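Report on one structure; see the data block that follows.
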Amino acid sequence: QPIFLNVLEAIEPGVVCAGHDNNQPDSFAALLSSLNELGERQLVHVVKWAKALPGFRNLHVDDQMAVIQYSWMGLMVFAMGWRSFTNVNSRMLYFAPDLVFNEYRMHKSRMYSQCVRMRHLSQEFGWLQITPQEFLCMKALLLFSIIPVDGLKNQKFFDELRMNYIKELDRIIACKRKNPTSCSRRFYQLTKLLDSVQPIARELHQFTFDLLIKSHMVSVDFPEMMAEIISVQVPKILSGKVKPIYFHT
Ligand SMILES: Cc1ccc(C)c(Cc2nn(C(C)(C)C)c3ncnc(N)c23)c1
Ligand SMILES: C[C@]12CCC(=O)C[C@@H]1CC[C@@H]1[C@@H]2CC[C@]2(C)[C@@H](O)CC[C@@H]12
Ligand SMILES: O=C(O)c1c[nH]c2ccccc12
């Protein structure tokens, strides 16, 4: 910053619609299918976003795809939680302008427990009085928060990149604090918030995987990219071959 901050703010994705038909009565098939589609559409914005981040191209072409394919879920949840807080003060999950989840939908989606956790994450944005800038940095960092236990092709470039994004988050915290104790206190809070995202993602990873398996049974449509990623990338995470990077133990 100003350089770093300018970029993140300049590349922040715009509003993405789900294409849901809010005129038809709610149903598991319709709601989940809409969530899946929204996922596809968003995945495209995430790829272009990540491929605009400072130094992202320092990563091997294969690792570039790897990081996105593993962290998309977390990235989308953290971003969904930020929208819910700013647009409806966490009252409901603001997936998209045409896809807002109230208590009833949280129930009909059959993933109420997961909606509760995500909504709790949204509430954190308010309790911790997270700023738009702190949010942007954290989200950028989420892209580099999950890798295979055996590392990537060019692991070194990844470490350097992750290290630099952590440094940037530090400057964001320092560029608005006089006390040397307030800074350390904030960083602690932010890393705690970042970690709390992984557990929520894993539960969604397990849920979507199971849904994909019995998709044909429950009449739930899965976009092309979503189906491929969930049947090839997600399993690696659920089997322990790929794991998130926690700040705290
Ligand atoms: C070769 C290359 C160059 C840049 C990026 C971001 C990637 C990862 C990447 N690309 N794509 C397509 C092109 C199918 C939309 C992806 N779709 C889903 N997940 C991905 N990680 C990616 C790959
Ligand atoms: C990432 C999405 C879609 C993008 C968003 O705003 C967050 C939201 C979180 C729940 C995901 C959904 C995509 C489709 C999934 C993966 C369903 O299959 C089950 C959980 C859904
Ligand atoms: O700030 C970042 O994210 C950076 C990634 N690669 C770099 C090289 C020099 C300075 C900052 C960065």
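All residue numbers given for chain A refer to the PDB entry; the residues shown span 670-918 in order. Keep in mind that the numbers below use all heavy atoms, side chains included, and drop hydrogens, waters and symmetry copies. Quick check of the header: X-ray crystallography, 1.8 Å. Atoms within a ligand are numbered from 1 in the order they appear, just like the ligands themselves.
- The name UniProt gives to the main binding partner of ligand 2 in this structure is Androgen receptor.
- Present at ligand 2 is the drug dihydrotestosterone.
- In this structure, chain A contacts dihydrotestosterone chiefly via UniProt domain NR LBD.
- For atom 14 (C) of dihydrotestosterone, a protein heavy-atom neighbour is present inside the 4.0 Å cut-off.
- Closest to atom 17 (C) of dihydrotestosterone, if we only count protein heavy atoms, is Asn705 OD1, 3.4 Å.
- Of the listed options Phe770, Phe891, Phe764, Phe876, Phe764 places a heavy atom closest to atom 10 (C) of dihydrotestosterone.
- For chain A, the PDB entry reports the organism Homo sapiens.
- Neither the backbone nor the side chain of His714 comes within contact range of dihydrotestosterone; no heavy atom lies under 4.0 Å.
- Scanning all protein heavy atoms for the shortest distance to atom 11 (C) of dihydrotestosterone gives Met742 SD, 4.5 Å.
- With hydrogens left out, the protein atom closest to atom 2 (C) of dihydrotestosterone is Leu704 O, 4.6 Å, a heavy atom.
- Annotation: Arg752 places an N or O atom under 3.5 Å from an N or O atom of dihydrotestosterone; distance criterion only.
- Of the protein's non-hydrogen atoms, the one nearest atom 20 (C) of dihydrotestosterone is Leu873 CD2, 4.0 Å.
- Against a heavy-atom cut-off of under 4.0 Å, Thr877 is close to the following atoms of dihydrotestosterone: 16 (C), 18 (O).
- Residues of chain A that UniProt gives as binding 17beta-hydroxy-5alpha-androstan-3-one and that have a heavy atom less than 4.0 Å from dihydrotestosterone: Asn705, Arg752, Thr877.
- In the structure, no covalent bond to dihydrotestosterone is made by any chain.
- For the residues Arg710, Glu706, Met745, the heavy atom positioned nearest atom 1 (C) of dihydrotestosterone is part of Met745.
- Among the atoms of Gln711, none of the N or O lies under 3.5 angstrom from an N or O of dihydrotestosterone.
- The binding-site residues for dihydrotestosterone (non-hydrogen atoms, 4.0 Å) are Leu701, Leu704, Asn705, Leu707, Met742, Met745, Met749, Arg752, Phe764, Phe876, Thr877, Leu880.
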Filter the dihydrotestosterone-protein atom pairs down to N or O on both sides and distance under 3.5 Å, then list them.
residue             : atom   : partner : partner atom : Å
dihydrotestosterone : 6 (O)  : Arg752  : NH2          : 3.1
dihydrotestosterone : 18 (O) : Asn705  : OD1          : 2.8
dihydrotestosterone : 18 (O) : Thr877  : OG1          : 3.2

